[PDB]
**Q** 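Sharing a structure with you now.
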Amino acid sequence: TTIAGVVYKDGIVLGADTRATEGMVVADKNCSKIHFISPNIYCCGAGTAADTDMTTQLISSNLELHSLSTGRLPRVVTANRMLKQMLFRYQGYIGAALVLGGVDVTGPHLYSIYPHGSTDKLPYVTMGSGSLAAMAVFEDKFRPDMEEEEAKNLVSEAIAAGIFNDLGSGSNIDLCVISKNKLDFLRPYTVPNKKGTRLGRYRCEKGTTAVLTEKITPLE
Amino acid sequence: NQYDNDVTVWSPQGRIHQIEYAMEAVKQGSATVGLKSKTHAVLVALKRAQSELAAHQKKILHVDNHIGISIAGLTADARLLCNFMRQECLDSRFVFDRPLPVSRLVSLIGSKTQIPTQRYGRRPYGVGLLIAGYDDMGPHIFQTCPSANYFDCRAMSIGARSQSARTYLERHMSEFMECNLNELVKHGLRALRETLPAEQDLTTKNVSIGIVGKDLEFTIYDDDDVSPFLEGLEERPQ
Amino acid sequence: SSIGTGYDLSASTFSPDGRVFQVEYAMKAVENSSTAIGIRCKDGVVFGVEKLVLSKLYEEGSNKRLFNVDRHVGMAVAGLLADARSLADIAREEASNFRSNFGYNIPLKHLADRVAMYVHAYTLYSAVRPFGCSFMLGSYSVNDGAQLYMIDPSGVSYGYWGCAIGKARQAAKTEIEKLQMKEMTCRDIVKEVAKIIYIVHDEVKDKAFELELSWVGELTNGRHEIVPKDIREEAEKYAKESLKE
Amino acid sequence: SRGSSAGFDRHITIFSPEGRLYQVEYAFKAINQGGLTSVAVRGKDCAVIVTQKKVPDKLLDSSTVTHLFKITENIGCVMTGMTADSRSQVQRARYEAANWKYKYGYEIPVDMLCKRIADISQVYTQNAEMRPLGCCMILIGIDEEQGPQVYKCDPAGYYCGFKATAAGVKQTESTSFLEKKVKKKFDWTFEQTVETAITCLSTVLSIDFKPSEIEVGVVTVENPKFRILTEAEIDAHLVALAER
Amino acid sequence: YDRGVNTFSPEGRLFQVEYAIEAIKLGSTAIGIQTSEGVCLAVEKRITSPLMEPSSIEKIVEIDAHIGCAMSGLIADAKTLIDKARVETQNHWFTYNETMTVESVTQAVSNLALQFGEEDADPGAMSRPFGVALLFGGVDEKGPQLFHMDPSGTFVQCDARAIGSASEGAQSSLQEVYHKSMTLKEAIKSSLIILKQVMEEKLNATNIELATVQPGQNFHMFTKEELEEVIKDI
Amino acid sequence: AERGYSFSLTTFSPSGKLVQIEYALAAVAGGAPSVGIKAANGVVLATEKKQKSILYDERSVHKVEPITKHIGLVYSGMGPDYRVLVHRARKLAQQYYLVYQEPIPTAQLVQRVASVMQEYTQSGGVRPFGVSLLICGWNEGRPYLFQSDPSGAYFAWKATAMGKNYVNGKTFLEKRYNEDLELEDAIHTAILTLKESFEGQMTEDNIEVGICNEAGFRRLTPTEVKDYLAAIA
Amino acid sequence: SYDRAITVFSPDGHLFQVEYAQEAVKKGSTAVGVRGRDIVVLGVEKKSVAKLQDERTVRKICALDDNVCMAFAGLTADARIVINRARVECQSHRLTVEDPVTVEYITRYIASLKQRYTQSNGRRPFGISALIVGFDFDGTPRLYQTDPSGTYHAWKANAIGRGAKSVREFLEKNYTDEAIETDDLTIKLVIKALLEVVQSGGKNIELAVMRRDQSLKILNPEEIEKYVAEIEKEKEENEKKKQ
Amino acid sequence: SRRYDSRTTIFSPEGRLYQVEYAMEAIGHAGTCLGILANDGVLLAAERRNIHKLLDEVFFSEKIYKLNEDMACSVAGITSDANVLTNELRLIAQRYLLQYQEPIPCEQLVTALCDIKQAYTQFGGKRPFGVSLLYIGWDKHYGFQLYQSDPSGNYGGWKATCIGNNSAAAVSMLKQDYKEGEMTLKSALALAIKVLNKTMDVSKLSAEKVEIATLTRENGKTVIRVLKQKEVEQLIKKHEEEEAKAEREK
Ligand SMILES: CC(C)C[C@H](NC(=O)[C@H](CCc1ccccc1)NC(=O)CN1CCOCC1)C(=O)N[C@@H](Cc1ccccc1)C(=O)N[C@@H](CC(C)C)[C@@H](O)[C@H](C)CO
């Protein structure tokens, strides 16, 4: 994977690739790694897929309960606390590296959360097998208080670096822009990789497959 | 009548009837006496018999080499408390390699016996105890009640018609501190015999003696071993 | 002030006028006990207890109603003695735990608070009955000061300059009010304590009694100790002499 | 119906034939046993608590007699009713607040604290083994966006936010006073709030307090920390009242 | 008016225990006699029907090869105690490689006395006392010994003792004929005589059971023939 | 120290009546009235939110509560019990979602909450809830209205009322209302059937309304209530 | 859990709950059983014939193992519990000990269970009595009877339930060595004893027999009608030509 | 604590359990519910108490629960307790299925629930479940089957029986028109219509007021179907056309 996050003037941009691997083989060419926590908080997941899924889902649920009882919009510190405390309670056995981004009543907040339960609040963060490349892009071309499109360009650039330089990352670039009054969950923000077009027709015509046994069963 | 059946129910007069009813259990047993000199602690117990064909009930129990007790009340509760004291003493020897100070053991008895007097469905211990012990604070006679209250005594008597024995001891307190062992046991036996009509008196068949001291571990004299104490006593009055 | 039609058989049951009669009954058990007073001077706290003697057969110092809860904290009890002792155990354990957790001697206000909460925990269920005793905690420190607190069976805890509990609670309080303990010292105070004890004592209804006394202050390095036989006999002499006027 | 009873519905927390919980009401009556009254008033830029300080003894260290409790640096409270139960509920409140901040990373809202305490009380209302607490809790504190907050919770499990409330003996009289004073619509400044509270209690008890007869908790927007007024700065308001 | 099972009477006794003592009085009467030649235990079977196999009525059982027990009252309650005794003896043998003294066994069983209660207790704990009375007759290092135990848990040694419905009368009749030097035959004879006196049915070889434990011979349950040969010299 | 009473506080009378449940219903039929109307394209819940003074802050505690993004709640009876049931219901919904990754069907939430309420009529040392619940929802295109009473029983309603004068309100709805209505119309007849027991000037702060269409559940703003309470709009 | 003493002693020394359970047994359908030389027979009376009820699903006779069968009287549900626990025990015995089970053993188990329920907290005595029947190895046929109290005995023949005293007296006056000298004669004795209390029929009587090393055999209403015909014939060929 | 205990699992002096009997009294006030066994199937028919103009009707049924692909049940008494017991029944069925990989025999399921109910009558100090149940099903051991279970934990297998309000008269009426071995599903439906007609307090009987379900064996699989209002109306109308016919002969 190759997830990143940045903080600009009006909010937060989250990025992620869409490659999921098992072994050294691509299992999913299009995997959504940017997860819904609350309507104002999203979280990118890298590492053990099922772990990132169930963890992000659980915390999303608990936050829904929380805001349901409080009647207010959830804070990012809350999701951060829940995540880090759960992850720490399991001492790293839950393979979940996370980039938590959201806009509060206190403003934009971006955390990185490692599977052992430690967190870092930074203007920009990267996680995943392609995190070094993305972090290089950030360290090279980041400036405080960027404009929205500028930050989107930066993050997509980082994720791209992860995609082309890391064998663990591949395929599309997903973005998520979160401002004080907007939520752009841009799915296929960029499709920089395309499968080559077939040069032949290997279509098998009806009858080429020999059959030993047949049984039709009507339904409704 | 509505404050009678539970140990967690205060009466409007600031009393707990179950505790007092438990206190009445001590008076149901045969009387017993305890007194100390300055070197020895002595328990003298009047054993009771159902019929003439039944042996006399044990009233003196061994706790530790330096501690013995005399019971008055429910023998089951007595055995329970006894085993508790034995266990605490063994623990003290196991941990510190020194005998458990008697006062501390008594304190533990208080703490343990206090608990069931404050919990619903529980009941007080229906037994009174006289504890004779010796440590580096001298001899000790203690008294423990079903109310979980305990007393450090110079002399004491508990049980059926023990009032006579009490009245006797209260006169000879001043003598007690300087008596030799034989005189101490004598006084104990007189106090004990005071709790009897003139038609009956002490016998080797119905008297037990427990002795502990600076020169002697806790020992129990029951039958023919009691005679050297009985033989050497006045004829008593009528 | 007297209802009892099933509404007074449990601490889990309110009276129709909003009272918990079990607690009040326990308080009445406190009232039937011999009076124990304690007074705070500018340099510590002194305790005095009217320890009634039920028999001459009992050794001196038996049934102590003055306890060492901590090396800097003393406890004076009034009422059902067994409960008082158990509460002394609870207080001791609380102080020990506090030391083992935070590394210094427990502040008196906090100890009183904790133990009081523990007591209150018994005024709420039918499974247990309220403690049948009231008690006073006394302490002194240089960084803290002289402190005296009191707790009743309900779980109420308060800080006093002078306090009394038992039969002649009010009769003792009226005598304590006469003193100016905000300026006096624990050395002078002992005499006055013994005096008030002898005054409040009823030589007619109640038989013979033994007087217990306790120091805790600057004169004892912050340690709660028993009053030496000299000072005790001195105070008793002062009291017996002051009883002839 | 209309006062009917059956079984142990007057001894434990079960339903009466008319669907009432007698033990709860009895607990409300147990609140009044203290013989005191507390008043809470919410301002435009603050929140104020005032309560009787009946110290009938010179033998009491009057500093130890308080019904005002600091739950958090920014959350204060006043308890009315049975003292021990009150202190218990205060401990529980402090725990729930500290735990809240530990788990969620931000200070607990007065709203949520009061809601929690009330939710705990409901259990006492529904379980027969224990009896509700003979006390009422009033919390005050500044909220990040909703500003000054004054909440209150009952032994019944009821909790609510208020522009003003009272608790204890002269509760109804104090409320009837406060709503009459609210309808007039004044400029709810700090002094207006404090004076309204103190005068509510005063004209409800007909006492005209000395500065050592009451205690006043307070929390401002400019100073969100729960502050307890000294005898002097209470006497200031007291002498400020006897002029107009 | 209902109360707890561990409630005290104003007299200072436990109601349930006293009621258990009252329960014993409805049981089959049994007699145990101690003799320097051995201990004997006899008990009526109280057969309520000719169809009932009398050999399935055992009120005398073997605790161990050197200890036997006679019971009176609610037998179903006694079964548990008997098994506990057997288990205790076997545990003691396993641990110490020796037999238990009769007093130790009796005490061990007596430890289950007031082991009943409601609150603050185990789920399988006893709810009520055992409505049964026991006579432990056996031979140890202190020779022949006979012990008696009641629901109170109070156990005591007896030279001769009768328990059951006809307790008092049989005890008087026992006092009239006991001297601390009887032969075992005399003890058996006396036992069967008093038994015949107190029983409502005609005493025969299938009406009762008798067993002896002697220094030289293990626990022996008297067969029909032997019973007849003792009943013979009525 | 504490444990708990292990015996039922709710038992059968010789006639065969679970008396405590009936008394609970007596508590229910005594609280503020609440109406619920299913309307083809949505559901409406409405209740009398009449405080008891000008000092009360009506914008702090609500009677119309959301369970999830598509399910809503109102009640008749005791406030605290309701609050408890709301928390529990929300939790149940979140459990269902965590397991199935699909918003819980209204009927299912109703059944589960009903089981929870049923427990307190048999479990030890507890009384039943003094609360009847009206639960609205939007699942699988169709709208849903349910009621659950203290016994743990539940019924599906086209329209109904609970609380004070629930009989008069039931006949009112039975007459002056029917199917094919739009959400607006339903809200109108809901405030109208609430007005049939409003002994006072029914303002926008005296009543609370929540709606549940196929776009989710939400509580109507006091402004929208003002527009509706103008006997029009 | 429910830590409450249910069965306690009364001031006169009675266990009221147990006695009540025995009264519940008294209301049960009459169940009798006799022991023979090579057969053993158990029969149960008033089966509450509704004729709309399946007879199989309400049988009061149940097999515990291939060796032991059992009838009961009292609360049917409690009886189901006891029966199942008994079967489980019968298997567990085979598990821990290679040998099967003796009638006395399983009887002792059931009795101990009942007693345990007479002395345990929060529980309540089983309202049943049981007639246990079997042919343990060595060939000796055995019949036992249990009681809610926990007491158990062995019998040559016995009866429990409604009017058990009547059938007990009848069996007392009719149990001879001549009677039950043959299998059919023992079965006829059971049928007669049952007819001496049942509401005069045969369609009200359920009878089953265990014999030697064979399995348990339940008698069809046809065979029962045949034996009842022979019984009604012997009551008119030896009681009509003499009276 | 000991004072507030109502002693729910205790013998009465006569040797009976009062809470069970009172629960029976509760069931006697519940909607009439009967079941009849035939040669080609088995059916349940129950009175509906949830009969109001404003009810929404969002379920397949009201008092008929599907337990297993070969089994269904009907209920009478407290409906919530009924919910508990039915859910538990489904659980048991699925456990047996998970274990033996074949459908649970009907009697085994019934006994399984009844052991729980009995357990509630013997210990725990809880009130019993105020519910009687009728079970219909098919299995490879005993084919078509009808059962009845009471809160006592007691159960029985019936060829035809009734439970609920006016159950006695319904039982005798079933005794009258019974037909051991000659019962078809159609005649059983006629019988159901008849009995439910005379027993239901509100006469005339609309299809609105009753609820009928049938379990049958069709081509290897087991079919459970709840009749639509129209079919019920057909049965009712036919019953009236058979009642006004026999009354001609006078
Ligand atoms: C194929 C998809 C649906 C999921 C894939 N699952 C898998 O690879 C799972 C792993 C299950 C597991 C068990 C115990 C402990 C840990 C993991 N494996 C299997 O399902 C089957 N195998 C069993 C034996 O043979 C090998 C695998 C996966 O997790 N891929 C991870 C990489 C990984 C890390 C650690 C352990 C196992 C796998 C991934 O894509 N991670 C991305 C982040 C996303 C998915 C949030 C990235 O990190 C990018 C793609 C780099 O991998």
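Naming convention: chains lettered A, B, ... in sequence-line order (proteins, then strands); numbering from 1 in each chain. These values consider heavy atoms only, across backbone and side chains, with no hydrogens, waters or symmetry-generated copies. The header says X-ray crystallography, 2.9 Å. Only a selected region of the deposited structure appears here, and contacts were counted within that region alone. Whatever order the structure lists ligands and atoms in, that order sets their numbers, starting from 1.
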**Q** Which chain makes more heavy-atom contacts with ligand 1 than any other chain, name per UniProt?
**A**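 Its main partner is Proteasome subunit beta type-7.
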**Q** What's the name of that drug at ligand 1, by the way?
**A**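 Recorded as carfilzomib (bound form).
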**Q** Which other chains have a heavy atom under 4.0 Å from carfilzomib (bound form)?
**A**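 Based on heavy atoms, that gives A.
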**Q** Name the UniProt active-site residue of chain A nearest to carfilzomib (bound form) and give the heavy-atom distance to 1 Å.
**A**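 The UniProt active-site residue nearest carfilzomib (bound form) by heavy atoms is A:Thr1, 2 Å.
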**Q** In this entry, what is the source organism recorded for chain A?
**A**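 In the entry, the organism is Homo sapiens.
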**Q** Around carfilzomib (bound form), which residues have heavy atoms within 4.0 Å?
**A**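 At that heavy-atom cut-off, the residues are A:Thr1, A:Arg19, A:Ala20, A:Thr21, A:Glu22, A:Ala27, A:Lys33, A:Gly45, A:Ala46, A:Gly47, A:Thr48, A:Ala49, A:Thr52, A:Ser129, A:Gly168.
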